[PDB]
Amino acid sequence: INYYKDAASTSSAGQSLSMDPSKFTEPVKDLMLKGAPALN
Amino acid sequence: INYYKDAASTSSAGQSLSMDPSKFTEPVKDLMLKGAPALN
Amino acid sequence: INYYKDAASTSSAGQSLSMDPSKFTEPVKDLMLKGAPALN
Amino acid sequence: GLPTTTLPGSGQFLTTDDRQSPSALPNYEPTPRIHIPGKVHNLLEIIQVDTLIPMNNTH
Amino acid sequence: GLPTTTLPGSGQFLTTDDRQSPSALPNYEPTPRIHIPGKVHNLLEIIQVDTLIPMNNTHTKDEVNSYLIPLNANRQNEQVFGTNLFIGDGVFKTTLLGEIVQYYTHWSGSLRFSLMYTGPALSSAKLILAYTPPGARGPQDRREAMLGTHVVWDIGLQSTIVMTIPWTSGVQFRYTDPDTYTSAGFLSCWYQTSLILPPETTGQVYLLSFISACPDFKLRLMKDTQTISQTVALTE
Amino acid sequence: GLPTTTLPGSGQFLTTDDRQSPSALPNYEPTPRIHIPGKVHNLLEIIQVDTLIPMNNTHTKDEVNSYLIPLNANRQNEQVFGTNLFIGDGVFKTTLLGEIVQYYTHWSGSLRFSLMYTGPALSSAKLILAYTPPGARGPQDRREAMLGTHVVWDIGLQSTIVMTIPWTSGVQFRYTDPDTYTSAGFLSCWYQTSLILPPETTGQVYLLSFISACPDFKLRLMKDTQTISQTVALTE
Amino acid sequence: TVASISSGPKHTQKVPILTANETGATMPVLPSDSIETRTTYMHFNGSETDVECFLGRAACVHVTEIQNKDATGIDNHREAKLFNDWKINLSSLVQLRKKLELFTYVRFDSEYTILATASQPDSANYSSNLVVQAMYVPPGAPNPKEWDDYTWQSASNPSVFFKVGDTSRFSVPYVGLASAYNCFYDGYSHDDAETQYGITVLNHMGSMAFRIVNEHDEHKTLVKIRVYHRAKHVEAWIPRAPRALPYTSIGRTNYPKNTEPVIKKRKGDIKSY
Amino acid sequence: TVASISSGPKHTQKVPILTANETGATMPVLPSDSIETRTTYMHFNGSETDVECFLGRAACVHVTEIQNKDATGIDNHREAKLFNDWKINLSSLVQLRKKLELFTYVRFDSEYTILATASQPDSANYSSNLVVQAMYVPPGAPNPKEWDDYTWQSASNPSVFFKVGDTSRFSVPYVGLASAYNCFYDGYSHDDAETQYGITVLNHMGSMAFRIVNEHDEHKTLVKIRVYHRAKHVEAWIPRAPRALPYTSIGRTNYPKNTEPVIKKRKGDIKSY
Amino acid sequence: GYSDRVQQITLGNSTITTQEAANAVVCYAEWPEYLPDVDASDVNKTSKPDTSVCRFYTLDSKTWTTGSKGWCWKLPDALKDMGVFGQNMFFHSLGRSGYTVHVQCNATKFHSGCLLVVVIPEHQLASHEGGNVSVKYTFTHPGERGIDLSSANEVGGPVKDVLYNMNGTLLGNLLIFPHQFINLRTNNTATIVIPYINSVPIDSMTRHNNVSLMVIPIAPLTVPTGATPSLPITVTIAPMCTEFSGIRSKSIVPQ
Ligand SMILES: Cc1cc(CCCOc2c(C)cc(-c3noc(C(F)(F)F)n3)cc2C)on1
Ligand SMILES: Cc1cc(CCCOc2c(C)cc(-c3noc(C(F)(F)F)n3)cc2C)on1
């Protein structure tokens, strides 16, 4: 239950629960499969 | 939920959401169409 | 919502909304019609 | 414990406010109502009854 | 008794908070509403109405003359007037737009700048209004100004020319208070051809400039204005 | 009036509590969201990206050289480098992993330790990375290290070798702060055969080591880090 | 909601940017009428500029002073400030005043907040817990004469009792005699050659008295009272020119003689940037 | 959710542990790729490491000081600290700063908490109940000059009044002019050869003034104010290298000359444990 | 070929024509109307003289010179002595009305000048003395003659600096009020229809002026070489939907 009118006054959002590290770990153009030679 | 009996004790009304500037911007007698000569 | 057990602890009753001045303005025995001679 | 936030005005005594308050005499049974003629509900009721005007202040 | 826990902030008086409070006058019946024309619901409503700009600051004291932009006969290329676009200061500071704008911290949107010619009917002229978006300097000659958003105004039957100052910015909001990273640009006017007067006509013709906001406009973060003050409480 | 009873704690300010509070700017409309690439949702997301380890502390001052692990030609059996696995201190303390890890009290999971060879293409070598789980000492010779979790790396076309440090522990969580009962073990590297250089090639080849966490990783009990401080408030 | 539609080249007989301001109208010309534009959306409602928000926050409207001291020998309690009063009005402190005076008529309910702070300018062994009494004294009600009159019984006048250092809160319904409050009034109380002019004869809302219930302590205590006003359930009519020159009096539109120019003067040409 | 799958002996052409870091990618190698593993579950979600939690707690962001004393004869109220102000920014105290600066752009709503504590360094017969006024003064709003200016009327600026020793709480929506706050800005306010560089020209959020409403007592009282910030409804973009060297200034990335080595030096070999 | 420029207005037995107007303004887009039952309070049946008071009355002409500052009339005051309308004003306790204001000023295609014609609801004037000095009744009830902003201050009177609208606000912002300009090169007449604007259903017409009309030269007058340096300005006003209530003795007002 929200006592105030504005969005800003509500409490913490609660876990995003998305979690995709690939945009930082694998920002490569040509997909690289684990186990397959990184440089073919 | 309103705790008090009188109207005066309730909180802010919340946005009117009408918004008609024409009564101040176009208080002319004969309607003037945008693009049509103001003085015909 | 009433928090207490006794009637006495409740708040103001709110307008009676009866309003009959005749028991003070016209406490006469023989009904007198407006416009008709008060003494016939 | 329900988290609350006290607002300005807390502790004030507004002679005009209308709230509930605990009864100092719990379980007391007031005397029954009996019929009493001449009940007044509104002051607007009685000012419709006319009274004499001391028009002749002069004294 | 319902167990509670008071949180930090309890007892504070936030001038901006919006809560309920008991009525000091219970059962009071306010006077009925009657119809009154000219109801205003939003300030964004009224700033769309344009008012006169005291473009001609030049004077030693506030004068009707500060609203008159002089125009000189038989001049070519020359500049008629100029000003930066800090709508919360300069010429704009006292206009309805500027006045209201200063009640808020942020602004965004497009501005409506108009020019009404008042010279004799039998005179003629072609001026050019230019809006120079931030990034460069205020134009120093027509050629330079002309390279940006502009309007070639032909004076005639329709007395007023309405040039728009299209919201041209990277960041989506600017400060009403003059701030550099938040500059709006420059406005300038030049002679496209030149003012020509008829025979037996002599002297100066003036231009009246107006400023107003487009429905584009947005204003936010209310604040006190630098346009009013007092040293001691007023008395009856 | 609803009867209440204030509980102990009323009036306290818990920096960690999460409650509602009135807005000082009612009806304010924040700026629209636009798309910005590279959004981060969890720190566990970024520590999976590996960064360079300054394995070569040996220097008197921070230098690019602290990231270069020297490798010497024609050496046999010898040890290339070594370090305990207190990821919250030592070599690791300044890495992205260590840096983030230090924002929490407990850690658990598997670590990813990589080694990229930078010596000339025409050179060759076979090293051996070993992870010695807690309970014994850091290995003092290849034979000893080889008796535990290890990887025989053959240098060649694929420049990097990725050895995992599989979460090997009794208790399910370790402290980021170096604590003995909570030790992670030891990491060491040795010559499996030896570095061989080609003709007309002289000197030193270096190895670059990286550290990152596996999706295995868990971190908990947030806390302040020993990696930043100040004596007086900063000023503009 | 679109902020700007997509509009390309143009070459018409329909000239939208040519108008005649002498008609008195501000034609709604848009950027897309004078330049090629792309589509863009508002993402804005204008909630913060609604009159309900503009006058919807607390603003200080009056500061006064009362003091707790030995009343023995004082002939005029009022002058001594044993109790003091405020002839209610919203035009004493200019900040809120300019806002309200952005319109001609205005109607709304009000939420008041009274803050009382204590002060002991000279020697005191402690700070006392004083309770303030703020009593609304409508026109016609007997004004207090002494700090402990019978008038403070407040049998019918409404009033609040709160601790100094604390705050008092309550709201009042629109009490105007008309359908709205007048911010301006070009008239008089009657056709008389000398009577007052202006809203001075209209906004006759009585006054509210303040006092400190406690008897006096050895030392003297100075209590300063501040009243804050917040409008709610707002309705405004007839916008007007904002005030330019400084104020001089409550209710009058008067402005000081030999006042400084309010329009800035250019440090140069009319061509200067 | 599995933490590790069951994986046994291996002898393939598929070598997962052989990669090429020069590609710029961190291949997701798992223990089960280099050793025989058993099945194990996570029993973990990673809630405490969500950016909403990382920046979701109150951290002190500023400490300042004001005092209650006789203003008679003081020419510069500001210098005397009859009232003081804080040019709002989150990079004055380093702890929170390092965290925020873990990302490039950051967007969120803020919840502030202001704590005021009193102090009487020299002779006083009691501790007074002072009320603090914290007023937000946005860019463009008139700054207070004297502790009892007209500016403190705060008709439009928002502000709170709370007792010293008590705490003030309120939240503010994301007030950035852009779609997010910049923790870094490789630019200037304009193309000028001498103007400032950095977020110094971007985070121009005005300042908030503090004062003590009560008049002065006989003794002097020292009120110290601490502002705490808690982010909520967090969104962060572009992670970056954590800060290594100590800070020297608000907004600049500058670091002190002749600074100590931050990377520990080994007490021995590169072979030392 | 119907034009914005050509117009005729007929009220009662009076008609006005103009061949060089610029449309016409209807204050706040509302045409004047009578008092509806739902808004009334005063229980007296009202009087509606209709055509005998809802007609055009032409004030005395003003003279626009290169030095004129402007003029200011006040309604209903300005018509207080006009035929039956005026009489009704004093004989009744209360009354309400709207008007059609028509300001005239012709010149030639060689002249130049621009008058701002505006209607200001509740135009409470300021005293030139400042402080807390009032503005005596007679000075805000100039009647037909109106107030000449270029005349000198007088004891008890209002300030008259055109620059500050006689009330502490800047001239330039007078446009927020229903207005219209008379730009000699475009115009020659201004017309403004005023509906009843007040916070009360009906009001006293002697002690309260609902609005004031102002004609203010912005762009100064300019005449061709060797011509008379002046132009006359005429103001014609007509009440409409006029209503009077509470008839009696007839007020006797200051002076
Ligand atoms: C313009 C304009 C608008 C207003 C509104 C004035 C409201 O006046 C009041 C006030 C200020 C206080 C009370 C009031 N009721 O109770 C108390 C108290 F006792 F708590 F002070 N004060 C009642 C009215 C009608 O006055 N001028
Ligand atoms: C980076 C970065 C992020 C931010 C957020 C700054 C928020 O600034 C404020 C603050 C600190 C307080 C108020 C505020 N509103 O009311 C009050 C008070 F009066 F209670 F203080 N303070 C308003 C804004 C926009 O600033 N720099």
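A note on names: the letters A, B, ... follow the listed sequences, proteins ahead of strands, and every chain is numbered from 1. Only this structure's heavy atoms are used, side chains among them; waters, hydrogens and symmetry mates stay out. Whatever order the structure lists ligands and atoms in, that order sets their numbers, starting from 1. Part of the entry, not all of it, is on display, and contacts are counted within that displayed part.
The options were tiotropium, pleconaril, carboprost; the drug at ligand 2 is pleconaril. Looking only at contacts, the largest set of contacts to pleconaril (ligand 2) comes from what UniProt names Capsid protein VP1. Lab note - other chains with heavy atoms under 4.0 Å from pleconaril (ligand 2): F, H. What the entry calls chain E is Coat protein VP3. Below 4.0 Å from pleconaril (ligand 2) sit no other ligands or ions. The shell of residues around pleconaril (ligand 2) (heavy atoms under 4.0 Å) is F/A24, H/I88, H/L90, H/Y112, H/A134, H/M135, H/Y136, H/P158, H/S159, H/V160, H/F170, H/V172, H/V175, H/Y181, H/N203, H/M205, H/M208.
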